[PDB]
J.: 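This PDB file has opicapone in it.
When a residue number appears, it is its place in the shown sequence, counting from 1. Whatever order the structure lists them in is the order used to number ligands and atoms, beginning at 1.
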Amino acid sequence: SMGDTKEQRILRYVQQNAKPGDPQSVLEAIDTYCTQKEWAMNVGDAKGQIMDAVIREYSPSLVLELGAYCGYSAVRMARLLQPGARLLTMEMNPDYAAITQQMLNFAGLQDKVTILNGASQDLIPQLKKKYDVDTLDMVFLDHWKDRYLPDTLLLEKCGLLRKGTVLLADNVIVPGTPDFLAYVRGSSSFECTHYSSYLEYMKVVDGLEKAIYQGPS
Ligand SMILES: C[S@@+](CC[C@H](N)C(=O)[O-])C[C@H]1O[C@@H](n2cnc3c(N)ncnc32)[C@H](O)[C@@H]1O
Ligand SMILES: Cc1c(Cl)c(C)[n+]([O-])c(Cl)c1-c1noc(-c2cc(O)c(O)c([N+](=O)[O-])c2)n1
Ligand SMILES: [Cl-]
Ligand SMILES: [Mg+2]
Ligand code: NA
């Protein structure tokens, strides 16, 4: 880092307003700061509640997140994981990864979440043999939108999905992931559900796609 950034200001706002070890207060602080002061690409409170419902329904034991940013969604999912369950979050921006680690420490979720430093297209094919992953129980896609489809394909080709694995994809309407949608909605290897919501901190309509893997063809 070379100066003050939006992401550093978000982290400072958490550290000055939230309660350490209280994930809810961390999420409220980030949402308050980004509603009142600086828009940011956190998944946000409205879409977060859909995320909350998915986590509580499927109780995943191992979650992979693509795109950590400041750690909002990592904190948001990890606080609802069952004891022993784990979240891996991939982040290629080292400055963001350092912020995310500080957010996890502050929220008290550092023992449940591991930051993988690097790009998803490089790390996903290495998950089985470098990070000892068998299969993933849930995947949250929220990185650059042109990577949703090839990384989904990569998750499939690398044998990281099993029957019942949950793919939850942010931003499928805005900025929009039409190619990802057409793939998962048109493949009999996925059962899809679209969740109406709003772009974080705005009243532009957005949505999440839940795509449940059904096993190989
Ligand atoms: C929208 S932010 C994620 C926000 C986070 N999921 C939340 O709701 O709090 C997208 C992040 O993905 C990272 N990113 C983009 N492409 C990536 C890739 N191929 N592999 C790993 N990280 C990537 C960017 O650095 C950025 O931090
Ligand atoms: C803010 C905004 C508005 Cl007001 C309008 C009208 N439109 O059309 C657009 Cl496209 C945007 C917009 N740009 O980027 C994002 C965004 C949101 C994410 O949740 C996310 O994850 C990522 N990302 O790049 O990872 C990007 N949203
Ligand atoms: Cl919101
Ligand atoms: Mg997003
Ligand atoms: Na634990």
J.: Indicate which ligands or chains correspond to opicapone.
T.: ligand 2
J.: Which polymer chain sits in most contact with opicapone (ligand 2), and what is its name in UniProt?
T.: Catechol O-methyltransferase
J.: Nearest protein heavy atom to atom 19 (O) of opicapone (ligand 2), by residue and atom, and its distance?
T.: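 Ranked first by proximity to atom 19 (O) of opicapone (ligand 2) is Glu200 OE2, 2.5 Å.
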J.: Counting from 1, what opicapone (ligand 2) atoms have a heavy atom of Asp142 closer than 4.0 Å?
T.: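 Per the distance check, 21 (O), 25 (O).
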J.: Using a strict 4.0 Å cut-off to heavy atoms of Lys145, name the atoms of opicapone (ligand 2) that fall inside it.
T.: 20 (C), 21 (O), 22 (C), 23 (N), 24 (O), 25 (O)
J.: Can you tell me the protein heavy atom closest to atom 11 (C) of opicapone (ligand 2) and the distance?
T.: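 It is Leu199 CD2, 3.9 Å.
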J.: Does only the side chain of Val43 get under 4.0 Å from opicapone (ligand 2), or the backbone, or both, or neither? Count heavy atoms.
T.: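 It is neither; nothing of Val43 touches opicapone (ligand 2).
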J.: Looking only at distance, does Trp144 have an N or O less than 3.5 Å from an N or O of opicapone (ligand 2)?
T.: no
J.: Hey, does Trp39 come in under 3.5 Å of opicapone (ligand 2), counting only N/O atoms on both sides?
T.: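 No; every N/O pair is 3.5 Å or more apart.
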J.: Using a 4.0 Å heavy-atom cut-off, say whether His143 meets opicapone (ligand 2) through its side chain, its backbone, both or neither.
T.: backbone
J.: Please write down residue, atom name and distance for the protein heavy atom closest to atom 20 (C) of opicapone (ligand 2).
T.: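 Result: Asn171 OD1, 3.1 Å.
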J.: Ignoring hydrogens, just give me the one of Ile173, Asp206, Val174, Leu141 whose non-hydrogen atom is nearest atom 9 (C) of opicapone (ligand 2).
T.: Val174
J.: Distance to 0.1 Å, residue and atom name: give those for the protein heavy atom nearest to atom 26 (C) of opicapone (ligand 2).
T.: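 Scanning the protein heavy atoms, the shortest distance from atom 26 (C) of opicapone (ligand 2) goes to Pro175 CG, 3.8 Å.
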J.: Using a heavy-atom cut-off of 4.0 Å, which residues UniProt lists as binding substrate in chain A are that close to opicapone (ligand 2)?
T.: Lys145, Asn171, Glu200
J.: Could you tell me which residues in chain A that UniProt says bind Mg(2+) have heavy atoms under 4.0 Å from opicapone (ligand 2)?
T.: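 By heavy-atom distance, the UniProt-listed hits: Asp142, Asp170, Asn171.
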J.: Polar-atom distance check: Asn42 versus opicapone (ligand 2), any N or O pair below 3.5 Å?
T.: no
J.: Closer than 4.0 Å to some heavy atom of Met202 - which atoms of opicapone (ligand 2) meet that?
T.: 4 (Cl)
J.: Around opicapone (ligand 2), which residues have heavy atoms within 4.0 Å?
T.: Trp39, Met41, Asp142, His143, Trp144, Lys145, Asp170, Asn171, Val174, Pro175, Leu199, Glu200, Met202
J.: Check opicapone (ligand 2) for N or O atoms under 3.5 Å from a protein N or O and list each pair with its distance.
T.:
| from | atom 1 | to | atom 2 | distance (Å) |
| --- | --- | --- | --- | --- |
| opicapone (ligand 2) | 19 (O) | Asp170 | OD2 | 3.1 |
| opicapone (ligand 2) | 19 (O) | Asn171 | OD1 | 2.8 |
| opicapone (ligand 2) | 19 (O) | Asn171 | ND2 | 2.7 |
| opicapone (ligand 2) | 19 (O) | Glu200 | OE1 | 3.2 |
| opicapone (ligand 2) | 19 (O) | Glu200 | OE2 | 2.5 |
| opicapone (ligand 2) | 21 (O) | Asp142 | OD1 | 2.8 |
| opicapone (ligand 2) | 21 (O) | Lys145 | NZ | 2.8 |
| opicapone (ligand 2) | 21 (O) | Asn171 | OD1 | 2.8 |
| opicapone (ligand 2) | 23 (N) | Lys145 | NZ | 3.4 |
| opicapone (ligand 2) | 25 (O) | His143 | O | 3.3 |
| opicapone (ligand 2) | 25 (O) | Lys145 | NZ | 2.9 |

